[PDB]
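Entry featuring tazobactam (bound form).
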Amino acid sequence: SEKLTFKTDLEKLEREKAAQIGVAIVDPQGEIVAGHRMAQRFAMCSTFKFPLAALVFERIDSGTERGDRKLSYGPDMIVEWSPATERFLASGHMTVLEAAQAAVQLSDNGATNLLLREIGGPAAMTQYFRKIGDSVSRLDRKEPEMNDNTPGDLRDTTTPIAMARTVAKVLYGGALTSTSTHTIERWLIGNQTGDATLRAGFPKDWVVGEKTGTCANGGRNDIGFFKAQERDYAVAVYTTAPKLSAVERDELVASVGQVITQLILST
Ligand SMILES: *C(=O)/C=C/N[C@@H](C(=O)O)[C@](C)(Cn1ccnn1)[SH](=O)=O
Ligand SMILES: C[C@](Cn1ccnn1)([C@@H](N)C(=O)O)[SH](O)O
C-alpha cells in the first residue's frame, strides 16, 4: 500500500539519520490523511509564530487590536536573530503588522517577543490554542528559552496531529476572516526561511506555504499547507536529529517532503 511505503521510507530516514520524525497530514476538516509519531510531543520552537500571527489577526478581526498600532521598544527587545527588529530599532517601533510579518517571514525573534508582550504573553498564546479546539499545544516561555528542547520537558510543545489540525482550523476552518486568512496564507507562501526545508521536497507546481522552526538538541520543524491536484491539505512536520549538521537537518526535512509527495500523488 501507499501507506506502507510512506511508513517504511520515513523509518528509513529515521534509521539512517538517527532521527525522530513526526508527521501529520490532515484535510481541510481536520480528518487524518497520514501520520507518523503523530501524538508524540515535540518542541514547537518557531513554528508557533504562525499560530501567534493567527491570534493577532483574530484580535484585529474582533476590533481589539489594530494592525497600525506602533509597538515601541529599545535595545532590551533585541535577541538572537532579530533582523527586522534591529533595522527598525532606531525608529523606535514596529507596527503590529510589521512585527507579525517579520515574525512569520523572517522568524524574527525580537518581533515575536514584541508581539507576545502586546497580546498578553505565553498565557494568551495558550488560551488561543484552547479557544480554537487545540488542547495539546502550549506556550510557556518566550524567545529564546522556548527553544531549549530539553528531553521530556512538556513546556512549549505540541504534537504533529494537534498542530496540523490547528493549521487546518486557522486556514480552512473559519477561525479568521477571509481577508486575514488570505494575508497569513500569502505571508506563508512568501516566507524567506523555508527554501531548503519542506517545500524543497514538494513538486514545483504545488502551492505551498509554511513556517519553519529550529530547536536546540537538533530540532528542525516545518508546518503549513499545500494544494496538490486541486485538493487542500494542512501539514505539520517535527524532527529531532542531534547528530546531523544544520544543513543535513534541512535536507532531512526536505526528504520528508519527498516522502509526503509520493504518498499524496499515489492517491
Ligand atoms: C525559532 O525556531 C527560533 C529559533 N531560534 C534559535 C535558532 O534559530 O536556532 C536561536 C536563534 C538559537 N541560537 C542561540 C544563539 N544563537 N542562535 S535561539 O532563539 O534559540
Ligand atoms: C532558522 C531561523 C532563525 N535563524 C536563521 C539564521 N539563524 N537563525 C528559525 N527561527 C527558523 O525559522 O527555523 S529562521 O531564519 O528559518
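One-based numbering along the sequence shown. Quick check of the header: X-ray crystallography, 1.6 Å. Counting convention: from 1, in listed order, for ligands and their atoms alike. Only this structure's heavy atoms are used, side chains among them; waters, hydrogens and symmetry mates stay out.
- Within the model, the positions assigned to tazobactam (bound form), copies included, correspond to ligand 1.
- In this structure, the main binding partner of tazobactam (bound form, ligand 1), as named in the PDB entry, is Beta-lactamase GES-2.
- Interface of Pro144 with tazobactam (bound form, ligand 1), defined as ligand atoms under 4.0 Å from a residue heavy atom, comprises 18 (S), 19 (O), 20 (O).
- Atoms of tazobactam (bound form, ligand 1) found under 4.0 Å from any heavy atom of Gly213, numbered from 1 in the order shown, are 2 (O).
- Looking at tazobactam (bound form, ligand 1), you won't find any N or O of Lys49 less than 3.5 Å from one of its N or O atoms.
- Closest to atom 4 (C) of tazobactam (bound form, ligand 1) among all protein heavy atoms lies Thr214 O, 3.3 Å.
- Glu80 CB, 4.6 Å is the protein heavy atom nearest to atom 13 (N) of tazobactam (bound form, ligand 1).
- Going by the entry, the organism behind chain A is Pseudomonas aeruginosa.
- Closest UniProt active-site residue, chain A versus tazobactam (bound form, ligand 1), heavy-atom distance to 1 Å: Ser46, 1 Å.
- Checking atom 1 (C) of tazobactam (bound form, ligand 1) against the protein gives a heavy-atom contact under 4.0 Å.
- Protein heavy atoms are absent from the 4.0 Å sphere centred on atom 10 (C) of tazobactam (bound form, ligand 1).
- Listed by atom number, the atoms of tazobactam (bound form, ligand 1) under 4.0 Å from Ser46 heavy atoms are 1 (C), 2 (O), 3 (C), 4 (C).
- Distance from atom 20 (O) of tazobactam (bound form, ligand 1) to its nearest protein heavy atom, with residue and atom name: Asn147 ND2, 3.1 Å.
- The part of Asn109 lying near tazobactam (bound form, ligand 1) is the side chain, judged by heavy-atom distances below 4.0 Å.
- Here a covalent bond joins tazobactam (bound form, ligand 1) to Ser46 OG.
- The binding site of tazobactam (bound form, ligand 1), defined by non-hydrogen atoms within 4.0 Å, is formed by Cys45, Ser46, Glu80, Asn109, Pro144, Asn147, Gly213, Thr214.
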